[PDB]
Trainee: 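One structure, as structure tokens, below. Some questions next.
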Amino acid sequence: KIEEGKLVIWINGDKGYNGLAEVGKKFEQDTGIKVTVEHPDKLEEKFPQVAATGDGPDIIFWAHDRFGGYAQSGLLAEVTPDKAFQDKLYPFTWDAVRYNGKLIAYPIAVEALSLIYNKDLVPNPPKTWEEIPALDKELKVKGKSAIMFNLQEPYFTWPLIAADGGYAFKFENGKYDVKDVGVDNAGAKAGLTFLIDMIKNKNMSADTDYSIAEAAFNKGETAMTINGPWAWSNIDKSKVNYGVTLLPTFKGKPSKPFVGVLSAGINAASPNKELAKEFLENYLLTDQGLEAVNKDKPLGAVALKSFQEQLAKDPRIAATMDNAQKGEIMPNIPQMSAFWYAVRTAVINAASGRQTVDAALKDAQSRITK
Ligand SMILES: C[C@H]1O[C@H](O[C@H]2[C@H](O)[C@@H](O)[C@@H](O[C@H]3[C@H](O)[C@@H](O)[C@@H](O)O[C@@H]3CO)O[C@@H]2CO)[C@H](O)[C@@H](O)[C@@H]1N[C@H]1C=C(CO)[C@@H](O)[C@H](O)[C@H]1O
């Protein structure tokens, strides 16, 4: 059972959890209520397990794509911001957290992947994916590579798979059609084939993950990476002079990152729903609260208009929004789970050579539309 008279918060380990705990400390100073911030391994998989028995945190942070599944399962409370509070955030961010007519979380930040480049290694970043192999060939002479990014999580490869026509679920007749999936169309295959060709030509390695890519970029070993705003503060601390820019085009079309809205949901089993609302509305979603988290690990563009206005001038934030505008906001529908897990398997199998691109994506399409 969840303890009454305290708040327990779960947030992903790549986010500014120490900054969030500082907001928790302010809450405690004011109200005497203890806030415990945790970053469990695989929290987004553990949550539906424990919440189903009336357990888990009072508040869970994730991108909104997970939240439709949680709400469908009865695991999230309807949030009750008044009109004046809703007016403080951008309308589209509330749309991301609306499920079957109900608001089921508070939006916090708007995340998109960008191309991150070392200004000293590549003063003029490549406008196209197609030119990157030639760039790699020149950099290899100096024992450097053109690009490294996480090939284990489909989030990072999706912008290239989507570029030429890949999609998750078609929005038709005012809703996502769960039987109209675009993972094995010609566009999707063209994008994944390009990635695989990069691997075959030794521009990248199939085993590259978040840690490997991050270490290589931040140590000046690779010229470019693909990452989101949470990554910037580690690069700030590194010796690398980096820029954040538009993702490269593929076949003349923009890369299309899936846009996530970092959101805070209240456990339907929480005996602390009022405290959660007070914390989220009156502590976190303030200039001071967001600043605390943002100083720890950057949130990106934020949902809170007053604070976003202060961030807007930063070229990294401009680049984030430019990439977001080329991409699409993720569905929050339950079937996003089927989609992501199936795509994950497809990318890993194709990259490793266990399957061809065509066979991997066809199997993903069959799995998702079951
Ligand atoms: C396979 C994976 O799918 C789902 O994960 C997706 C997230 O739900 C999306 O929000 C997005 O995550 C990115 C965040 O939005 C962003 O803020 C940053 O944290 O980077 C994230 C990407 O690393 O994209 C994800 C897809 O890449 C689903 O929620 C998640 O549970 C699934 N991952 C699990 C699956 C396996 C395989 O059995 C395990 O290896 C993993 O440890 C699990 O986490």
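Sequential numbering from 1 along the given sequence is applied to the chain's residues. We use all heavy atoms of the structure for the numbers below, so side chains are in, but hydrogens, waters and symmetry mates are not. According to its header, this structure was worked out by X-ray crystallography, 1.8 Å. For ligands, and for the atoms within them, numbers begin at 1 and follow the listed sequence.
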Trainee: In this structure, which of teniposide, entrectinib, acarbose is modelled at ligand 1?
Mentor: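 It is acarbose.
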Trainee: Give, per the PDB entry, the macromolecule that holds acarbose with the most contacts.
Mentor: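 Main binding partner here: Maltose-binding periplasmic protein.
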Trainee: Identify the closest protein heavy atom to atom 38 (O) of acarbose: which residue and atom is it, and at what distance?
Mentor: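 For atom 38 (O) of acarbose, the nearest protein heavy atom comes out as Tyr341 CE2, 4.1 Å.
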Trainee: Check each of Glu111, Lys42, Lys46 against atom 16 (C) of acarbose and report the one with the nearest heavy atom.
Mentor: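 Residue with the shortest heavy-atom distance to the ligand atom: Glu111.
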Trainee: Provide, to 0.1 Å, the distance between atom 30 (C) of acarbose and the closest protein heavy atom, together with that atom's residue and name.
Mentor: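 Answer for atom 30 (C) of acarbose: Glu44 OE2, 3.4 Å.
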Trainee: How close does the nearest protein non-hydrogen atom get to atom 2 (C) of acarbose, and which residue and atom is it?
Mentor: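 Protein heavy atom with the smallest distance to atom 2 (C) of acarbose: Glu153 OE1, 4.0 Å.
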Trainee: How far is atom 18 (C) of acarbose from the closest protein heavy atom, and which atom is that?
Mentor: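 Among all protein heavy atoms, the one nearest atom 18 (C) of acarbose is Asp14 OD2, 3.4 Å.
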Trainee: What does the PDB entry report as the organism for chain A?
Mentor: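 In the entry, the organism is Salmonella enterica subsp. enterica serovar Typhimurium.
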Trainee: Any idea which residues from other chains are within 4.0 Å of acarbose, non-hydrogen atoms only?
Mentor: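 On a heavy-atom basis, the binding site is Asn12, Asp14, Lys15, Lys42, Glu44, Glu45, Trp62, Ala63, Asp65, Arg66, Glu111, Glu153, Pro154, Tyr155, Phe156, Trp230, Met330, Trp340, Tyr341, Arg344.
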